[PDB]
Amino acid sequence: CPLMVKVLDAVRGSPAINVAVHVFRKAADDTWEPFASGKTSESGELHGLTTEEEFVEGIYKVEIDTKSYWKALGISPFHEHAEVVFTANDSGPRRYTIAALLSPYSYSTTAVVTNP
Amino acid sequence: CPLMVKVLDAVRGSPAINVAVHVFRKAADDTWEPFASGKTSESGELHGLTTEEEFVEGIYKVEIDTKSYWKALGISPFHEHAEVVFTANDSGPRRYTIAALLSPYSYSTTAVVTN
Amino acid sequence: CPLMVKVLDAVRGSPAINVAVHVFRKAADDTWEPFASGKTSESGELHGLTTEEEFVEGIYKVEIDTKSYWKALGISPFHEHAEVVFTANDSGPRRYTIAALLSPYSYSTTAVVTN
Amino acid sequence: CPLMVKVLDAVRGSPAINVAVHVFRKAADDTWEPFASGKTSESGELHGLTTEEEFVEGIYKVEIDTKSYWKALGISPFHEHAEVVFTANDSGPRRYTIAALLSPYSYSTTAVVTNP
Ligand SMILES: CC1=C(CC(=O)O)c2cc(F)ccc2/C1=C\c1ccc([S@](C)=O)cc1
Ligand SMILES: CC1=C(CC(=O)O)c2cc(F)ccc2/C1=C\c1ccc([S@](C)=O)cc1
């Protein structure tokens, strides 16, 4: 599991559950190609987005669907999404945890990059 | 000044100065159209991006070139940039401050929407 | 204005207005001594807490009554308050902005230390 | 493990390892009484601070020694510490995760409160 996404809800102080996460990889033609997607679990975690084999060097965009998340909670959020864009694996494979904290009008994303 | 961007540096505890910021508006074909840009001032602020007349409802993207900022400081950044995407809604409150706090491996953004 | 506190609300996307802020200085006996306090203005800012003369080097605590703020909004808060503790050092940069972003179950604070 | 502390380093994009964490509980006399303390592990996590039996209702202060953490990394940080103060267990036992993200001049703390 080289790429994991963890989402917390700062309003409820809970995992942000059932958050849609779309991962894209910048293609040769500089377009975003869909790479992987998934939903955060009850732990606010999204595991198994990709594999060591599939998660090659690239510029990746992780788009966290914070908007749908807040709407489903009956809240009108400010942001369309939380999107983290980074070069991955440029000095060899790393494991990346994208940790996002969500408020209706604010998010932060932190990356935990570890060398397997 | 309907749209303001303020950027702070969490590492140096300062405004994030000379950070390139590009604003895009989502065009009908779902592409991002350059709308406005600038560099944050010495207060880490970027004013005069747009005017009330130009700042119509729509989906906006505020792309903060965090990576160049960190490179300029000789600090290894994680993100390619910070991208803040939001719907400008005329409804109520109408001046938007997009606040960003930058760390090499983390960024946070908040919207201050006021009258 | 050597010490400024700015507070934002991450839930409402606004300045956190009328937030009580108490500043303490660590006394020699390691107790916190009331130093300054105020309520954030409508810009979520609290100015005029102290003066250059009164703001000597030392350890300061900025206690933001986040709990009363959230209760006033009818929102259930986690923290009792937000406590920002730091050393004011004369050395270099010398105006301190203590920025706080409040969520019910989260707060963040950043220091903007400038000239 | 009703109380856990997780600390990340936003500069290095890593767990904040060997971070001293002191937990205090407000006593009857309104003083802070030492409750528990520990160090974050290599995962930036601090488990086993307390027990279900020991972690009674109270106002607790979790003081994360961010200053020593940054100093040990040769960085001069702004804050003396990151200290989270909260009423715990007021509607029965909860599990509390105090998640802190550290930068030299900034921290955030989020609470993940779950009902066992
Ligand atoms: C640019 C900026 C400002 C402007 C100013 O200081 O005048 C600000 C003011 C506050 F009261 C709180 C946060 C901010 C901010 C960026 C920011 C800080 C923390 C977070 S949290 C960690 O998600 C997010 C964004
Ligand atoms: C999802 C998440 C976790 C879960 C985990 O890593 O186990 C976490 C753990 C920490 F020790 C610190 C932060 C986080 C986090 C998101 C996050 C929180 C605050 C900020 S501040 C507001 O910039 C940014 C991101």
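Alphabetical chain letters, starting from A, follow the order of the sequence lines given. So for chain A, numbering is the PDB entry's, and the shown residues are 10-125, in order. Residues displayed in chain B correspond, in order, to the PDB entry positions 10-124. Throughout, chain C uses the PDB entry numbering, with the displayed residues spanning 10-124 in order. All chain D residue numbers match the PDB entry; in order, they span 10-125. As the structure lists them, so they are numbered: ligands from 1, and atoms in each ligand from 1. The figures that follow rest on heavy atoms only: side chains count, while hydrogens, waters and symmetry mates do not.
The main partner of ligand 1 in this structure, judged by heavy-atom pairs under 4.5 Å and named as in the PDB entry, is Transthyretin.
The drug candidate or drug found at ligand 1 is named sulindac.
Other chains with a heavy-atom distance under 4.0 Å to sulindac (ligand 1) are given as A, B, C. Nearest-heavy-atom check against atom 16 (C) of sulindac (ligand 1) across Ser112(D), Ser112(A), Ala109(B) picks out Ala109(B). With respect to atom 9 (C) of sulindac (ligand 1), the closest heavy atom belonging to the protein is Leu17(C) CD1, 3.5 Å. Listed by number with element, the atoms of sulindac (ligand 1) under 4.0 Å from a non-hydrogen atom of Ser115(A) are 23 (O).
In terms of protein heavy-atom proximity, atom 7 (O) of sulindac (ligand 1) is closest to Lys15(C) CD, 3.2 Å. Annotation for sulindac (ligand 1): atoms under 4.0 Å from non-hydrogen atoms of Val16(C) are 11 (F).
For atom 23 (O) of sulindac (ligand 1), the closest heavy atom belonging to the protein is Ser117(B) CB, 2.8 Å. The protein heavy atom nearest to atom 18 (C) of sulindac (ligand 1) is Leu110(B) CB, 3.6 Å. Among the UniProt-annotated L-thyroxine-binding residues of chain B, those with a heavy atom closer than 4.0 Å to sulindac (ligand 1) are the following: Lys15(B), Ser117(B).
Distances below 4.0 Å separate heavy atoms of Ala108(B) from the following atoms of sulindac (ligand 1): 1 (C), 2 (C), 15 (C), 16 (C). Here is the list of sulindac (ligand 1) atoms found below 4.0 Å of a heavy atom in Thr119(B): 24 (C), 25 (C).
Checking distances under 4.0 Å from sulindac (ligand 1) turns up the other ligands and ions ligand 2 (sulindac). Residues in other chains coming within 4.0 Å of sulindac (ligand 1) by heavy atoms are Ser115(A), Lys15(B), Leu17(B), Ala108(B), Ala109(B), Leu110(B), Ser117(B), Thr119(B), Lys15(C), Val16(C), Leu17(C), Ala108(C), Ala109(C), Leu110(C), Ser117(C), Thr119(C).
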